[PDB]
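Check out this one - trimethoprim stuck to Dihydrofolate reductase.
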Amino acid sequence: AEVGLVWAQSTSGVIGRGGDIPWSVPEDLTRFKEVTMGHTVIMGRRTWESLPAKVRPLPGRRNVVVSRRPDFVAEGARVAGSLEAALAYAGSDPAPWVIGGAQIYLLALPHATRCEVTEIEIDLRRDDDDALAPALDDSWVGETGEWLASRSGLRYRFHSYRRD
Ligand SMILES: NC(=O)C1=CN([C@@H]2O[C@H](COP(=O)(O)OP(=O)(O)OC[C@H]3O[C@@H](n4cnc5c(N)ncnc54)[C@H](OP(=O)(O)O)[C@@H]3O)[C@@H](O)[C@H]2O)C=CC1
Ligand SMILES: COc1cc(Cc2cnc(N)nc2N)cc(OC)c1OC
Ligand SMILES: [Cl-]
């Protein structure tokens with residue numbers, strides 16, 4: 001099983017602020033759908049909460065929420081008490097995806113063999129309570145696309161990385 005991580009970050013490494021994603025780049029949500037469609041999507045409890053209620057569970061995917069609380073309620077999702085448990089509920093899924101947030105990416109990173117990153121050209125100065133992207137060392141190899149204009153007026157680009 002190829003455990004993948006998918007996220008969007010500013011160039012500075014911010015993925016979340018004030019419980020939200022601090023930009024609007026539609027092309028990123030489209031990409032996210034394209035990558036994750038048909039697979040398990042594993043998320044931390046706070047990410048689950050960040051999603052608008054009507055958008056969740058994410059359709060066409062098996063949703064899993066990681067919590068320490070074995071009685072946590074996620075309507076339309078399986079709740080798991082660890083990342084290892086989350087990966088077990090993925091079953092025979094050949095390519096489960098971890099979809100955030102900061103805490104869960106760090107948990108998953110040792111299992112991961114693929115990362116799909118959208119970089120957003122926005123000037124965000126890291127605050128103390130920002131959610132931050134994991135750093136990838138050079139065991140990770142891949143390709144970086146060209147800068148693209150979003151409908152938003154910001155630029156973005158895709159990075160695809162893998163390791164054995
Ligand atoms: N730009 C992007 O690509 C994305 C951005 N985000 C943003 O990221 C932020 C959320 O990230 P973050 O705050 O780090 O939270 P997470 O989504 O990573 O969830 C953290 C929670 O996961 C549970 N948890 C953590 N570690 C463990 C463990 N070892 N075992 C079991 N459960 C565990 C806990 O839930 P509990 O307390 O219930 O036990 C904890 O509160 C939001 O702002 C969101 O909008 C999210 C997804 C993608
Ligand atoms: C489809 O809507 C959402 C998707 C995500 C997760 C996510 C979004 N973009 C990327 N590139 N990777 C991800 N893991 C996170 C969200 O909010 C925190 C979303 O709603 C706004
Ligand atoms: Cl990067």
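One-based numbering along the sequence shown. Whatever order the structure lists ligands and atoms in, that order sets their numbers, starting from 1. So how was this one determined? The header says X-ray crystallography, 2.0 Å. Only this structure's heavy atoms are used, side chains among them; waters, hydrogens and symmetry mates stay out.
- Looking across the whole structure, one can locate trimethoprim at ligand 2.
- With a 4.0 Å cut-off on non-hydrogen atoms, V6 touches trimethoprim through its backbone as well as its side chain.
- Regarding atom 2 (O) of trimethoprim, its nearest protein heavy-atom neighbour is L29 CD2, 3.9 Å.
- With a 4.0 Å cut-off on non-hydrogen atoms, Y105 touches trimethoprim through its side chain and not its backbone.
- For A8, heavy-atom contacts with trimethoprim shorter than 4.0 Å involve the backbone as well as the side chain.
- Remark: trimethoprim atoms within the under-4.0 Å shell around heavy atoms of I99 are 6 (C), 14 (N).
- Here the shortest heavy-atom distance to atom 5 (C) of trimethoprim, taken over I104, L51, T118, belongs to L51.
- Protein heavy atom closest to atom 13 (C) of trimethoprim, with residue, atom name and distance, is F32 CD1, 3.4 Å.
- Residues contacting trimethoprim within 4.0 Å (heavy-atom distance) are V6, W7, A8, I21, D28, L29, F32, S50, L51, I99, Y105, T118.
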